[PDB]
S.K.: 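The following entry includes levetiracetam; I'd like to go through it with you.
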Amino acid sequence: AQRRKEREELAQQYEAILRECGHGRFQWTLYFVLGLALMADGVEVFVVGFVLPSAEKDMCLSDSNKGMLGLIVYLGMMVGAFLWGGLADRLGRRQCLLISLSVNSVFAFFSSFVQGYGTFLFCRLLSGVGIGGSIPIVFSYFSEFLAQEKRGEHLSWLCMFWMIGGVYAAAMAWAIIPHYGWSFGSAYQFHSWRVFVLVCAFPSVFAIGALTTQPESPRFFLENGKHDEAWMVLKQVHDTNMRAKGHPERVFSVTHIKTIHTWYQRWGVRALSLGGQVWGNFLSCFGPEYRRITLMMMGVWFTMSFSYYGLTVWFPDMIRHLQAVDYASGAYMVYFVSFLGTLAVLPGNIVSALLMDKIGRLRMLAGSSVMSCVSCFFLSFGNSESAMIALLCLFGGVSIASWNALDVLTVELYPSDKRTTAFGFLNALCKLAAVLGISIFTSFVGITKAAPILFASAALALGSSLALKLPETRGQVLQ
Ligand SMILES: COc1ccccc1NC(=O)C[C@H](C)Cc1cc(C)cc(C)c1
Ligand SMILES: CC[C@@H](C(N)=O)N1CCCC1=O
């Protein structure tokens, strides 16, 4: 009873404080700084999806082992997503983002000097574990600096760095190791997978470097009884915004803010308490206050991730199959298609950013899901390479909007003391759905074109049937 009242007072006051701070230089700087972190995740996703299996096929491996790396690394991503989402609530957004990025960068760096297959697999799996927490923590961290008046518009532009990271990974793959053989012989003569591995780590390293300049979120401090730190961070935000706008004379007027109140021996108690608190936060997502919302968000996330990841990983393979069939009558194609998809997303990002705060998140999600279901089905009508590429561009442009709406809903549907936990759980479910979709769809490449498309269409139809039942978060203070 009492705690809900106090947290409602804090939520009401936080939006007023943010309106006093306003939007400007600080938010955009933080936007770029976290865009680097999302770029790291996009790079890892591309590497796992496309580089590793191609390498395995180009590797001295038994037929039974031609697809293990992607599966195991995605499972590691799932585990890391849940782990880092759970901890971010208790340790902080910036702290957990730094730790996860550090793990990712370190184990990426190690993977360059491995010599076997098990060791490279191990290093890359731990790297996947590290990066898995980037998306939940980034989306929870940035949204806490945004006022309700334009939170949806500003959150819709984060996904571009994911696309740019994927394009970067594809371009580096083409430039350094274009459909070369893979061995663990090359002597790291630039044109070796080791250098590509090292190059792909740069976005994460730069994200770590830049991230150490930004301030921890004030909402986390206020939710945990740290008044003075939150006040200083909010004053920093206000001063930066006003000094950049040409009004340095202004004074931050907020007086007081509502707040909510041997080594092997100490570490044991600390770890047990952290685990208990994280598990308690997780179970709260299934209580009577949130059980329905969580159960429907699970379905929406699962279906959307299934369809999207399955189609994206299946499309290059079926293009290669079409080319092979025509010939019977490589690495550049993936990069070109990635660049085209990144261009196609941009109109969708513009439209979603414009309409998110006007038509609401629910209508964006539902309409975009219906359009994605229809456009994905149109893939069955394409016959030539160009037609397939154009239809996929249409699918991506109409689908990216639903992802922005889903991200905004996931941010706004859960309270600030459990936001990262719920987002991490749903992102782990998304990674599991990606595993299942990539495993199922790719098996049909040499058999039939219709089955993957129909499965994706049915999954998107089911997902769009659930999106209509979620509540609308438009025009409400950040929980
Ligand atoms: C932007 O590229 C990435 C960014 C981050 C992770 C992976 C990838 N790329 C892929 O998965 C390959 C795939 C073919 C790209 C693509 C997707 C969509 C919806 C539409 C088009 C036209 C292309
Ligand atoms: C940050 C981008 C990310 C997301 N919305 O969580 N995306 C884009 C489509 C596939 C995916 O996971």
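Throughout, residue positions are numbered sequentially from 1 according to the sequence presented. In each ligand, atom 1 is the first atom listed, and ligand 1 is the first ligand listed.
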S.K.: I'm trying to find levetiracetam in this model - which chains or ligands should I check?
M.R.: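 In this structure, levetiracetam can be found at ligand 2.
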S.K.: Out of curiosity, which chain makes more contacts with levetiracetam (ligand 2) than the others? Name from UniProt, please.
M.R.: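 The largest contact count goes to Synaptic vesicle glycoprotein 2A.
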S.K.: Within the structure shown, which other ligands or ions come closer than 4.0 Å to levetiracetam (ligand 2)?
M.R.: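 That would be none.
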S.K.: Give the numbers, counted from the N terminus per UniProt, of the transmembrane segments of chain A with a heavy atom under 4.0 Å from levetiracetam (ligand 2).
M.R.: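 Counting from the N terminus as UniProt does, heavy atoms reach that close in 4, 5, 7, 10.
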S.K.: What residues sit within 4.0 Å of levetiracetam (ligand 2), counting only heavy atoms?
M.R.: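 With non-hydrogen atoms counted, the site is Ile135, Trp162, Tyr308, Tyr309, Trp403, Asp407.
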